[PDB]
Trainee: 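There's a structure below that I have some questions on.
We number each residue from 1, following the sequence as shown. When a ligand or atom number is given, it counts from 1 through the structure's own listing order.
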Amino acid sequence: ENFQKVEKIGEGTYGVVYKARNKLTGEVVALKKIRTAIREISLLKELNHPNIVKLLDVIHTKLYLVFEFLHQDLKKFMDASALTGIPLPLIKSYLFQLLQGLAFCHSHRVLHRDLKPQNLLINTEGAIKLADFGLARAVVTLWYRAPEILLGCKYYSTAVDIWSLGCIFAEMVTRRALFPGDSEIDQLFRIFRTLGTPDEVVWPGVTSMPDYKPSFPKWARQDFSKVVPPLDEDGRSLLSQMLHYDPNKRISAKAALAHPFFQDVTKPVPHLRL
Ligand SMILES: CC[C@H](CO)Nc1nc(NCc2ccccc2)c2ncn(C(C)C)c2n1
Ligand SMILES: O=C(O)c1cc([N+](=O)[O-])ccc1NCCc1c[nH]c2ccccc12
């Protein structure tokens, strides 16, 4: 064995993840054990960005992915910060960095598809990185799933990642999940009860979606002032554009980076207890 497993650090959406040390290198890494796709996965090795976890190596026998190791994830950090809240400048820095990562991978036609706080990794320097990409084909948490996925769209787009990141943004601010559904229909109806049941006016073609039913209850939209109360008007405007129902009207990552909310963005350092 080339890798001394330091500690099982959990279970990703596609396999088991270990903290490990290379015996003849000393390098400390994260090992994801899993289970054509070999070709596409391998390409990810030399597409690098500061806000994307580095893929170091791909090993086939059962499939192994060797990643750089980060010491905390955002769910843990959110939980550790729940009595006080994450300071707004750090929320804003993290959101800005995550949109840079998404803009990079979307510009290379790579989607994540399963963003959640557990797959956002942070370090002591104030960086945050996207991990646990849903790139295998290319109980489960539904809380961050975009409505077009839930309505059965087969060919959903980079917009699904903006939706997920919007839900995470809201959760950092309010310290409660925005849409904590426990079934696909509960997830959909939680979205509808907050943003209003979508119709052809705000989402042309929605009533043609594979899983759309005319029998869906018709809930009125609530106001974002009620949804993420603390957040200022710049923040609420950006969030509203990240949660547009119509994937074609939803803001892109590149466009979100230009939003006035980020005019005063900085890079604070988190207080991490490791
Ligand atoms: C905690 C859930 C998260 C799944 O994405 N696991 C995780 N967690 C990582 N670090 C956070 C952590 C450290 C120690 C114990 C538990 C979690 C981590 N670092 C690199 N990677 C690669 C596989 C993407 C990591 N993956
Ligand atoms: O994140 C994961 O855990 C993951 C899982 C699988 N998988 O399950 O087959 C495959 C790849 C994964 N990450 C790649 C990260 C990555 C490096 N450079 C990039 C450039 C653009 C887009 C993404 C990346």
Trainee: Supply the name from the PDB entry of whichever chain has more contacts with ligand 1 than any other.
Mentor: Cyclin-dependent kinase 2
Trainee: How do PDB records name the drug found at ligand 1?
Mentor: R-roscovitine
Trainee: Can you walk me through which residues contact R-roscovitine using 4.0 Å for heavy atoms?
Mentor: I9, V17, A30, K32, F67, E68, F69, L70, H71, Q72, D73, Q118, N119, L121, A131, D132
Trainee: What UniProt-listed Mg(2+)-binding residues in chain A have at least one heavy atom nearer than 4.0 Å to R-roscovitine?
Mentor: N119, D132
Trainee: Which of the ATP-binding residues recorded by UniProt for chain A place a non-hydrogen atom closer than 4.0 Å to R-roscovitine?
Mentor: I9, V17, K32, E68, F69, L70, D73, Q118, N119, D132
Trainee: Looking only at protein heavy atoms, which one is nearest to atom 11 (C) of R-roscovitine, and what is the separation?
Mentor: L70 O, 3.4 Å
Trainee: If I apply the N/O under 3.5 Å rule, does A131 come out as touching R-roscovitine?
Mentor: no
Trainee: In R-roscovitine, which numbered atoms sit nearer than 4.0 Å to a non-hydrogen atom of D73?
Mentor: 1 (C)
Trainee: Report the nearest protein non-hydrogen atom to atom 14 (C) of R-roscovitine: residue, atom name, distance rounded to 0.1 Å.
Mentor: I9 CG2, 3.6 Å
Trainee: State which organism the entry records for chain A.
Mentor: Homo sapiens
Trainee: Give the numbers and elements of all R-roscovitine atoms closer than 4.0 Å to a heavy atom of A30.
Mentor: 19 (N), 20 (C), 21 (N), 22 (C), 23 (C)
Trainee: Help me out: which active-site residue from UniProt for chain A lies closest to R-roscovitine, and what's the least heavy-atom distance to 1 Å?
Mentor: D114, 8 Å
Trainee: Can you figure out which UniProt domain of chain A lines most of the contact region for R-roscovitine?
Mentor: Protein kinase
Trainee: Starting from atom 20 (C) of R-roscovitine, which protein heavy atom do you reach first, and at what distance in Å?
Mentor: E68 O, 3.1 Å
Trainee: Can you tell me which residue and heavy atom of the protein come closest to atom 8 (N) of R-roscovitine, and the distance to 0.1 Å?
Mentor: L121 CD2, 4.1 Å
Trainee: Which protein N or O atoms sit under 3.5 Å from any N or O of R-roscovitine? Give atom names and distances.
Mentor:
residue: R-roscovitine; atom: 5 (O); partner: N119; partner atom: ND2; Å: 3.4
residue: R-roscovitine; atom: 10 (N); partner: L70; partner atom: O; Å: 2.7
residue: R-roscovitine; atom: 19 (N); partner: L70; partner atom: N; Å: 3.2

